[PDB]
Enquirer: 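As an example, take this structure containing cyclothiazide.
Chain letters run A, B, ... following the sequence lines, proteins first and then strands; every chain starts at 1. For ligands, and for the atoms within them, numbers begin at 1 and follow the listed sequence. Reckoned from all heavy atoms, side chains included, excluding hydrogens, waters and symmetry mates. Cropped entry; intra-crop contacts only.
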Amino acid sequence: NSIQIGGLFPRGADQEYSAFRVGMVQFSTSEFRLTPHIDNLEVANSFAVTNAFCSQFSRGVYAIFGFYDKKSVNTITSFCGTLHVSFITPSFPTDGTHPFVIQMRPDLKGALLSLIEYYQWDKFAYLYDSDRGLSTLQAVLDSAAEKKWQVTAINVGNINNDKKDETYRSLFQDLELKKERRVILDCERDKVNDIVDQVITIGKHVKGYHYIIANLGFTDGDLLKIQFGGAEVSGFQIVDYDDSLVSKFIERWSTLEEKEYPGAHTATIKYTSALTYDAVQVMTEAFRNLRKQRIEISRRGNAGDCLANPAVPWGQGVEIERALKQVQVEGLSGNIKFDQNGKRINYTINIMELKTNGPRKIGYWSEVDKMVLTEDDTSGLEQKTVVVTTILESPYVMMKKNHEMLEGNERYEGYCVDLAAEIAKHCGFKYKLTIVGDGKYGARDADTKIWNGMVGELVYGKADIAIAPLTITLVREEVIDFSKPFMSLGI
Amino acid sequence: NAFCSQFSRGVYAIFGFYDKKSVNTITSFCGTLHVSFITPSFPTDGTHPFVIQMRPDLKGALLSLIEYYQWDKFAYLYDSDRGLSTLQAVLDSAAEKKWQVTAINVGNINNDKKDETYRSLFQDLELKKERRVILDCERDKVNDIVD
Amino acid sequence: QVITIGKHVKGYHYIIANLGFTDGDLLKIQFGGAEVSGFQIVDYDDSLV
Ligand SMILES: NS(=O)(=O)c1cc2c(cc1Cl)N[C@H]([C@H]1C[C@H]3C=C[C@@H]1C3)NS2(=O)=O
């Protein structure tokens with residue numbers, strides 16, 4: 001059953017169309033086949049989109065797969081909600097709940113709010129691009145008003161190429177006025193690779209700055225530039241290379257010839273092409289389940305004018321979309337589930353931070369569960385709170401009256417407490433205030449030389465340092481060492 | 001449908017209104033078919049051919065009014081249906097003149113909840129105790145909000 | 001390698017000990033913040049030059 005479908009592709013989406021051609025024969029043909037009529041046409045001109053849509057409707061296909069632009073989403077929704085034709089896309093998700101649209105891209109906005117609340121920022125700048133839409137820009141301002149954030153948002157998208165070396169300099173020098181430190185970028189990969197190069201030219205990737213990329217292919221762009229910088233860069237992945245089917249597709253994809261499939265003979269892949277690959281799995285599962293329920297999709301006639309007055313559609317497409325919303329398979333993004341509208345739920349997004357060796361993950365974020373870090377504590381050097389032994393003596397070391405409500409190093413008070421604070425301030429170490437067990441100053445045992453008290457805590461490797469009323473003798477220099485004396489006294 | 005019908009009728013001059021959703025469709029037809037279109041609707045953003053528009057721009061006057069009243073911190077309630085060009089405009093001057101701007105959408109709220117949602121909105125403004133409000137909507141929303 | 005590891009901010013200072021000071025690349029660290037000085041024996045302002 002070679003079923004007629006329609007395909008919309010931009011002039012330049014070569015990796016995505018190549019991935020579609022791969023997924024065409026990656027798994028098919030025990031059954032129905034597909035008849036893809038491909039339209040390598042533009043996406044900006046909605047008149048061209050209209051011409052292509054009426055041409056594929058004159059073909060009279062059952063499903064249309066492709067992309068759209070923000071100058072075209074109204075056109076696609078307005079025609080599909082009329083003519084009841086199911087439309088499937090990997091582009092940015094729509095704003096209103098629209099019928100007959102299945103959209104392959106998960107949300108980013110809740111993840112990004114989770115990330116900001118994890119890093120605990122208060123004031124930052126937000127470079128956005130207009131041509132991807134403004135849904136995230138609308139979303140962040142609400143939580144900025146509620147969570148008392150200070151947002152300086154700046155449009156950057158409409159700047160021409162021919163002044164695109166000094167516009168950015170003027171922009172970041174204006175950011176120098178408030179002395180900005182925290183930047184969230186929201187662009188396409190080309191604008192990312194332009195702006196990173198201009199930042200690395202003007203020298204703003206030292207230790208001190210911090211960057212968040214708001215995309216899905218965090219490692220799909222260039223990161224060898226600012227890998228060794230000093231700044232810290234975090235982002236998001238939906239394609240995780242550690243998994244079995246993922247690495248299988250990596251090996252299969254790397255072994256292909258670049259001349260047959262352009263942009264395919266690499267190691268990594270674009271997330272757009274990954275969702276394009278998973279779309280074929282969903283679209284084949286659909287007709288699989290319709291032959292499982294044995295419901296015929298016989299058009300039984302021709303299609304006609306898309307300007308039919310009034311046009312009347314056919315509700316077996318409603319049943320097609322109904323079975324589309326029930327598909328649940330595993331793919332490159334992981335599990336998939338749909339809502340009552342065609343939006344994706346049941347996804348998982350990895351949080352990816354750049355380090356010196358390269359990118360790595362620190363945690364995940366679910367559709368309902370918040371940011372769950374994976375406890376990747378590779379911190380091999382922790383400055384240990386050193387062992388400080390003492391004994392209770394007024395006014396050297398005294399208890400406070402509210403010691404149960406307070407905690408630890410706050411509980412003790414006196415001359416020695418103040419002094420140990422001064423020593424730790426000058427020497428930069430961490431410390432924890434402890435008490436000797438046996439409550440003595442300490443002397444040696446007869447015939448066994450067992451130094452008890454605070455002496456054996458330092459002799460026997462138990463305690464680390466002792467700021468305490470201890471007297472320099474002759475018999476104590478042989479086992480421990482003293483500094484210069486700080487307070488004189490006598491019997 | 002209506003535009004294809006009247007061009008089939010052979011119209012010499014097209015006139016009509018447009019909302020924020022049909023504007024790309026109308027300019028995309030008019031750039032191709034070279035038909036002079038006239039409108040009182042909201043002005044566009046890019047320089048598009050064959051579109052004459054009677055409603056003048058507003059953004060320079062509104063920025064001049066802000067500079068005359070000599071403000072630094074204010075709230076800004078907007079509706080999405082007329083466009084977001086003014087919202088994109090005032091944020092740049094906020095970035096230059098270092099303004100403290102809180103901007104909140106209002107256009108999504110349905111009619112069955114427009115007694116308590118607005119109250120919650122003004123209570124959340126009174127968390128900061130705002131004194132200076134720019135409303136940016138249509139006349140219907142203005143009459144609904146001033147009450 | 002300096003411009004990769006990020007050591008051309010305001011604060012650093014460089015002296016090139018050659019004769020073709022502008023014969024090498026200087027568009028890289030022109031906008032840096034550091035200051036670079038060197039030597040020329042070929043002066044482009046002159047008539048025969
Ligand atoms: N007046 S006191 O007992 O509190 C006191 C006693 C002493 C102080 C400082 C004070 Cl405030 N520092 C001296 C040191 C300073 C120098 C000279 C000897 C030591 C090095 N040791 S000390 O003679 O033990």
Enquirer: What is cyclothiazide bound to in this structure, taking the chain with the most contacts and naming it as in UniProt?
Expert: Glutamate receptor 2
Enquirer: Using a heavy-atom cut-off of 4.0 Å (strictly under), which other chains touch cyclothiazide?
Expert: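 Other chains with a heavy atom that close: A.
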Enquirer: Which residue atom forms the covalent bond reported for cyclothiazide, if there is one?
Expert: none
